[PDB]
Amino acid sequence: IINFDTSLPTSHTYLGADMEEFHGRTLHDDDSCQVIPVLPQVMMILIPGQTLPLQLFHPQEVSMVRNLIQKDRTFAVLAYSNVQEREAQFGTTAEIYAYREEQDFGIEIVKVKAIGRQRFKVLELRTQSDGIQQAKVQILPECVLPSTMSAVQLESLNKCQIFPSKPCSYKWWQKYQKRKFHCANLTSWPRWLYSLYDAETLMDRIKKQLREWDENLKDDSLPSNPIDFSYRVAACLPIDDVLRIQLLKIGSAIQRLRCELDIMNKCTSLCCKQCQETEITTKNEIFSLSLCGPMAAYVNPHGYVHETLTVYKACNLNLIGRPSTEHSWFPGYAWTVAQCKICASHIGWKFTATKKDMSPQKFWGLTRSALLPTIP
Amino acid sequence: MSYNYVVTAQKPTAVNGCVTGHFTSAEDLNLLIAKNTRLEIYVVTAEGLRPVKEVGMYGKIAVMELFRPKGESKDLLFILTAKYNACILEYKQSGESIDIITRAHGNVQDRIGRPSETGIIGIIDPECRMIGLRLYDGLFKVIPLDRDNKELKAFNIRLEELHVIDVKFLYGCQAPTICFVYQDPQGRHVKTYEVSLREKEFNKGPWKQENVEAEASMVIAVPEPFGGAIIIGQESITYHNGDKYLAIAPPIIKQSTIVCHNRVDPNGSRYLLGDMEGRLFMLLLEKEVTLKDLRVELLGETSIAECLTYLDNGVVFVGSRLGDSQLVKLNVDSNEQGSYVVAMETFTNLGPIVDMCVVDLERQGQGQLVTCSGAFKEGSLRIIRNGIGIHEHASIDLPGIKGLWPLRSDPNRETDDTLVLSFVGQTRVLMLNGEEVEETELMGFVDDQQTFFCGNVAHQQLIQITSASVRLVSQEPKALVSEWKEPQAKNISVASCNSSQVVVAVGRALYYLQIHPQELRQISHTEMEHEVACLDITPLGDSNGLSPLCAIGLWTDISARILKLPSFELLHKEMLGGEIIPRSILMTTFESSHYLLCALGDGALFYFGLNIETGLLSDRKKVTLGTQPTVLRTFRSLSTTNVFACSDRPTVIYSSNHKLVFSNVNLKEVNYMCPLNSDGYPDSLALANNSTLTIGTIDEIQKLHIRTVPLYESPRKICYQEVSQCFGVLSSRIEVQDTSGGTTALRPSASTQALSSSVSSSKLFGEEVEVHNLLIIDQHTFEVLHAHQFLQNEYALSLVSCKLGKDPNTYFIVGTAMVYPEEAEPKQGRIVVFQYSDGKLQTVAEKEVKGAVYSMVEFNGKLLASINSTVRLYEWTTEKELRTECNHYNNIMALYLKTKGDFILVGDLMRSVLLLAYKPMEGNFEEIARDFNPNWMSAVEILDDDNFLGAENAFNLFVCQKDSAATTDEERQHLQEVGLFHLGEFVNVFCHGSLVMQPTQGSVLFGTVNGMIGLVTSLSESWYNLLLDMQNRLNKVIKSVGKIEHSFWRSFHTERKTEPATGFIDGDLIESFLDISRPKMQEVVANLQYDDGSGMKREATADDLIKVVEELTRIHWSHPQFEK
Ligand SMILES: N#Cc1ccc(NC(=O)Nc2ncccc2OCc2ccccc2)c(O)c1
Ligand SMILES: Nc1cccc2c1CN([C@H]1CCC(=O)NC1=O)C2=O
Ligand SMILES: [Zn+2]
C-alpha cells in the first residue's frame, strides 16, 4: 500500500465535517434486564468493539437519536434470525461516540458513529407510537475463565508460573507449554490438549494464519487482550449471518478464538450467495486497507449499511456505470457497481485510484450479505 | 437425580503444607500437616510422631503459619482458606478435652482484584507486628496483629511491581521489611520495601538487585546474625544483604528445579532443599562473623516433596502430593561416608487419583477399588479393601489340614499349650512353648484316625472324637480312661461335643453320650428320616455346660430340626432352601440374644432366631458369604462371643445394636480356624488353608487395607479384565535424549521390567520424551505379566476391556494420538485391538483415524469412540475388523464420553454438554439436548436416564437434568441446572461402584487430585427435605474452626460468581450429628418432621435421627480415629 493512509477508512470522512465526540462509560450490569431503543432500518449483526456508521433522515429516527444523545446514547442492534419476520433472539448494544445534525436547506439529517459494547438476549420486543421499537433485553456476561491449571497447580510450582518474556519462536512455545501445563500430570489429560484451550496460544495461531494470508499485517494490528482480539477477528471474518450469530452467542474468548480458527482452516473460497455458481475471490486476495481490518461497516447515502471486504482481485463480476468519487468510503478511489455475471446480483464495487502514485491502483469492495463462505 | 447425597469415603491424603512449632504447649515440639480441608497435629517424639488432634475446616487451607505474639505463652496458628477465610487459632487442652479456639477471624477478599499467578502468599513478620497477604496483582494486604483486631481488619498498600514471584519478611531490620522477586519487561529482579507503620505505606527498602537469574523463583529470609535473603533459581543460588552479594552455580543442582526449602537450625547455617524429582540437598552458609560462601550437598533421594520440615534428631518430614509422605533420617556417618538420607517411616498418599476401577462389584463379597495413583517414580496402583485385618505372628508349612483344636495339657495352667490338627486318616499334635512349636505325641490320643473333635472336658479329662471311636483321656495320668464304640462298630459320620455331653451321628442313627469321671455313658439312641449332615450341642444360656437342644441337618431333604436333650424329640423343623445340602450348624448367643446359624455347600448362610425354652425360628434370613461351603467356629472377642466363617471369603459375624454384622476378613482363603490363647500367642487364633498353618491376632477394628503396587512410572488409565484375571494399565515413562541416536530411561520401571514384552515397531540434547505403554498386570500377584510399547510420539489416551459383536473373546482396546510439537491439533491416531493370551499380548486389529481418540466406551456390543470433534460408532465384524457404522459431527471436542442404554453423554473441557441418542432403525445418532456454559470441566457421569453429574472449575459438582416439564422441542433440548455444590476437591474420575462399601439409591464413586475418595448417591425428595432442614439446624450447633459458615463453604464458587448450593446434602455434615451431646441432638430435631412411610409426618425424636444417620454411615467406608 502506497499513498493510502489506512486510517482514513475508519474516520468515515464521507459522513461530513468534524462531528462532536462523546466519551461514554455506560455499561449495564451482567444478567441485568434493560429496555433499549431499536432503530427500525438497521439490519446488520453488530459485534462488540465494531464501529457502526449511520445516516438518519426519518423525523422519528432523528428525534430518538437526539433524545438518546442526552442520557446513555445507547441503542440496540438486533441480530435478525429472520429478516422478513423481524425475528431476533440476540443482539448487541451500540453506544454513539460521534454525532452531527444537518439542518441545511431545512432538511434534517442525523449522522452518527457508534461502537458495539454489550451482547444481550431479546426478552421482549415492543413497537412504540413513534414507530421506534423498544426491546426488553437481558445483558449476556462476558465469561472470563481462569487458567486451566489454576485449580490443579501445585503451590510449589506456583513460583515458576510466571516465565521470561518471548523474544514467537517455536522453542519458546514448547517451553511455555511444558511450564504452564506441568500440573496436567495431576489430571486425566495431556498438556497439548490444554494448549488447544489456551487463549495466548490460540491468538498466536490466528496471528500466524492471518500473517500468511496478509503478510502486510507486519505490525501488531490485533489487540493484545483475548476478548478484544476475538471480537476484532469476528467482526472482520467474511462469513454467513447464521455463523456470525453463532459467534455472537459465544460468551467465552477461548470458545470464540477456537471457532474463528476452525472457520479460518475450513473456509478457502467466497462465492455469490444468490447463484452459488460463481467464485468471486479467495482468502489470499483478502487484505486490510483499514486499521480495523479487511471488512468494516460503511453507510451509503440512503442510510443503508454494508459490511465491505477489501480484496486485491475479484473474478466473474461485470462492471456497470461510470467510476464515481461521490460518497466514496475509501478517499482517493472511485467506485463502479459490480454484478455477478451469472445472476446479476450486486456483490459490491470495484475501487479505482484517482491518482497514478496511489497503491493499490485497483481493489474490490465486496458486501458480506452478497457473499457465501465455501468450504472446498 | 435432582436430590443427591455426597459423602467422603477416604479423606484427602496428599500434603499441601507442613510447619513446626509449639502450638500444643510451650514445651512440646509440634508437626502441623495440612491436607486440603484437614489439619493434623502431632507431637514430635524421639520415637517419631504422636497424633494428638485432627480437625476439619470448612475451607481449602492455603496458608498455615505458626507465630508467637508478645505476651503469648505458646504459638498461635494463622490459617487462610482459598475462599479468603482468615483466622487465628489457639490450642486449648483441659485434662483430656482438646478444643481449637478461634481468637480472631474474618474474610479478607477484596471485592475486585486479579488473583496473582503465583497464587496466595501469606507471611508474618519476625516481630509478629503484622500478617502480609499477597492475594492480588498490585496490592499487599496488611492485617495488624494488635489484640483489638479480632475481625482481622486489614489495609492494602499499592505495589508498583505487578508480577511478584515470591516475597518474605526480612530479619534483623528496624521496621518490618519485605523482600521479593518480580518480573517486568526488563527482566527478573529482587527488591525490598519497608512498611511504614504510621503511614500504612511502603518506604524505600534497604537494598535491591536487578537482573537476577531469569528463573529466580524462591526467596528465603536468613535470620540473625547474618540477615539478608537467599534467592534460588534454576541454575544458581545467590545471597543478598545491604552491601553483600554471593553467587554459586554448583553442577550438583543442574538437573532439576529446586521447589521447596526448610531451615534446619535457628541461626540459618543450614537449609534443606528439594527438587521436583526427589533429590534432597543441604544448603550451607559458610562463615568467616561474616558470610563468606554458599555450599550445596546432595543428601540422597526422597519422595517428590511439596513441603520439607526438619523436626529433631536428624529426622525430616517429607510432605508429598505426587507420592507417599515420609519420615527420613539424616545419617551421622558424614565424616567417613558423606551425608546420606535413610527412610524410617512411609505414610500412604493415594493422590493424584487419575483413574480407578472397581472389582467384585456384587455385594455378596465386598468390592475392591484399584486406583492409578501418583506420578513419575511415585506412580503406583493402590488396591483398597475394607475388612478385618489379622496380624500374622507365625507360619507353619503343614499341607492337608482338615481340622484345628486348641487344648490345655496342664490342668493347672489356664493357657492353651497344645494345638491338634486333623489330616485325612491321620491326627497330629503340636506343642506350644512360647513362640516355639514342636510336634509331639499325646498319650491316649490315636494318630491313625482323622479327628472330628478334640477338646478339654469336665472332670479334668481330655476327649478325642474319631470316626472309629470316642476316646476319654485323663490329664494328670495322661492315659485313656474310657472309649465308646458303635454297637456294630460302624464309623461315626458326624460328631458334636461340649464339656459335659457328646452327641454323635452314624448314618441316620444319632447317639447321645454324657461325660462322667473316668466314664462315658450312652444316655439316648435315635433314628432320623434323612442322613445327618451337621450337629451342634453348644450350651447356650445358663447351665453346667449342659444343652437341652441338639441341632441337626438332614441330607436327603435339607432341614434344621432342633431336638430335646435327653428327650431326642424334635421341637421344631426349619425351612428347606433347596437341593444344596447343609454343611455346618451352629447355635450361638450374641449379647443376650440367641440365634441358630446354618451353613450350606452352595455357601449360603441361613440364620434363624431360637428361644432356649421353645427353640423355634424367629426370622429366616439368608446371607451369601462365599461360593465355597462355610464352616462356623465360635471365638471370644473381648467379653462378647463372635463366629468366624471359614470359606473362600472368611467372614466375622458381629452383633452391634442387637443386629447381625457380616464383616470381611482381609485374608485370601481359610478352610479351618480355632481360637488360640497360649502364653506366646494370647487371645490369638490359628488359621489353615490347603498348605499352611498361621497363628495370628485380629486387628479388633475394621480398617481400609491398601496394597501398594509401585510402578516407578506414571499410571494413567486402568481397566479390569475378569476372564483374564488381570488389569490393563496404560502408562508412560520419561526418557532422555541419548548421545547414541536414541533415548534412555531414567530408571527401571514397570514398562521396562515386564515378564514378557512387545513393541509396535522396530524403529531406531537432554530433551525428555514420553514413552507410552500398555501394562498387563496380574490381579493376584500384581506381577507385570506383559508390557506393550506404542509408536514413537504416539500418545495413548483411552482404554477399554470388552467383548464386541458376536466374538466371544474379550479384548483390550486402546485409542491413541500422534503428537508432534509443531502440530497443535492431532491429525493422526489409531484404535488398537489387543488380545491377552499365552502370557502374550497380540495385536488382533488396528484402525487408523485422522485425529486423537480421546475417549471410548463399549456401546451395545459395538465400540463408540470420540475422535477430535466427532463421535463414531464401530461394528466388530467376523473378519476381526472395526467397521464404521455412523459418525456424528459436533461443534465440540468429545473429551468426555458416557453411555446408558441407547443414550450418549458427550462433554468438553469448557463444560459444553451434548446428549445423543442412537437411532437403531436409522443407523445414526440423534441430538436430544445440549447445554453450553463456559467453565473448566474435569469429569462427567450419568446418574440415571435424565440426570448427569459433572465436576467443574473451583472444585464444584453440578447436576443437570433433561426436564420433563416441557412440551416445546426447544424446552426438551435444554438441560436444567438442578444441582450445584462446592466439593473442595478436583475430580478426575467418576465410576459406578454399587454396594462396594456396603434411604439412598445408586452409587457413584469419584477419585481426586488430593487422594480423597467420595460417594454420590440419590435421595427421594422427602429425604432431601428432611436432610436439608437438619443441616440448617446442625449448622447452628456445630463449632466451626475459624467460624466459617457451612453455607458459605459449600456455596458454588468461581472467581466470577458465587451461588448457594442446591440439590446436594453434605453427608460429612449429616454424620457429625452422631457426635453432639444428647441435649444438642434434641434441639437439632426440635420442630423437625419425620416423614415415615405413611405420609403423615410426626415430630422427630433424637432416637429417630440417630438410627437414620447411623444407617447413612454404613453406605461408605468408616474414617480411622486419628489420635490414640
Ligand atoms: N486488526 C485486524 C484484523 C482482523 C481480522 C483479519 N482477518 C480476518 O479476519 N480474516 C482474513 N484475513 C486475511 C485473509 C483472509 C482472511 O479470512 C479467511 C476467511 C476467508 C473466507 C471465509 C472465512 C475466513 C485481519 O487480517 C486483520
Ligand atoms: N449513490 C448511491 C445510491 C444508492 C446506493 C449507493 C450509492 C453509493 N453507494 C456506495 C458506493 C461505494 C462507496 O464507496 N460508497 C457508497 O456510499 C451506495 O451504496
Ligand atoms: Zn450470482
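Sequence lines map to chains A, B, C, ... one by one, in the order shown. Chain A uses the PDB entry numbers throughout; the residues present, in order, are 46-212, 219-427. Shown for chain B, in order and in the PDB entry numbering: 1-288, 295-770, 782-1015, 1023-1148. Counting convention: from 1, in listed order, for ligands and their atoms alike. If you're wondering, the header gives X-ray crystallography, 2.4 Å.
- Matching the molecule at ligand 2 against S-lenalidomide, CH5132799, R-ethopropazine gives S-lenalidomide.
- Among all chains, the one with more heavy-atom contacts to S-lenalidomide than any other is, according to the PDB entry, Protein cereblon.
- Under a 4.0 Å heavy-atom cut-off, the other chains found next to S-lenalidomide are A.
- The protein atom (non-hydrogen) at minimum distance from atom 12 (C) of S-lenalidomide is A:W386 CG, 3.7 Å.
- Considering only non-hydrogen protein atoms, atom 15 (N) of S-lenalidomide sits nearest to A:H378 O, 2.7 Å.
- In chain A, the residues contacting S-lenalidomide fall mostly within the UniProt domain cult.
- Residue-to-ligand polar distances place A:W380 within reach of S-lenalidomide: an N/O pair is separated by less than 3.5 Å.
- The entry names the source of chain A as Homo sapiens.
- The protein atom (non-hydrogen) at minimum distance from atom 18 (C) of S-lenalidomide is A:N351 CB, 3.5 Å.
- The proximity of A:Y59 to S-lenalidomide, defined as any non-hydrogen pair under 4.0 Å, does not occur for either the backbone or the side chain.
- The residue from A:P352, A:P382, A:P54 that puts a heavy atom closest to atom 2 (C) of S-lenalidomide is A:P352.
- Contacts between A:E377 and S-lenalidomide, counted as non-hydrogen atom pairs separated by less than 4.0 Å, are absent for every part of the residue.
- Distances shorter than 4.0 angstrom do not occur between any heavy atom of A:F381 and any atom of S-lenalidomide.
- Within a heavy-atom distance under 4.0 Å, S-lenalidomide reaches the following UniProt (S)-thalidomide-binding residues of chain A: A:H378, A:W380, A:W386.
- The shortest contact between atom 3 (C) of S-lenalidomide and any protein heavy atom is with A:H353 NE2, 3.7 Å.
- Distances below 4.0 Å separate heavy atoms of A:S379 from the following atoms of S-lenalidomide: 14 (O).
- Applying a heavy-atom cut-off of 4.0 Å to S-lenalidomide picks out A:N351, A:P352, A:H353, A:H357, A:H378, A:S379, A:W380, A:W386, A:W400, A:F402.
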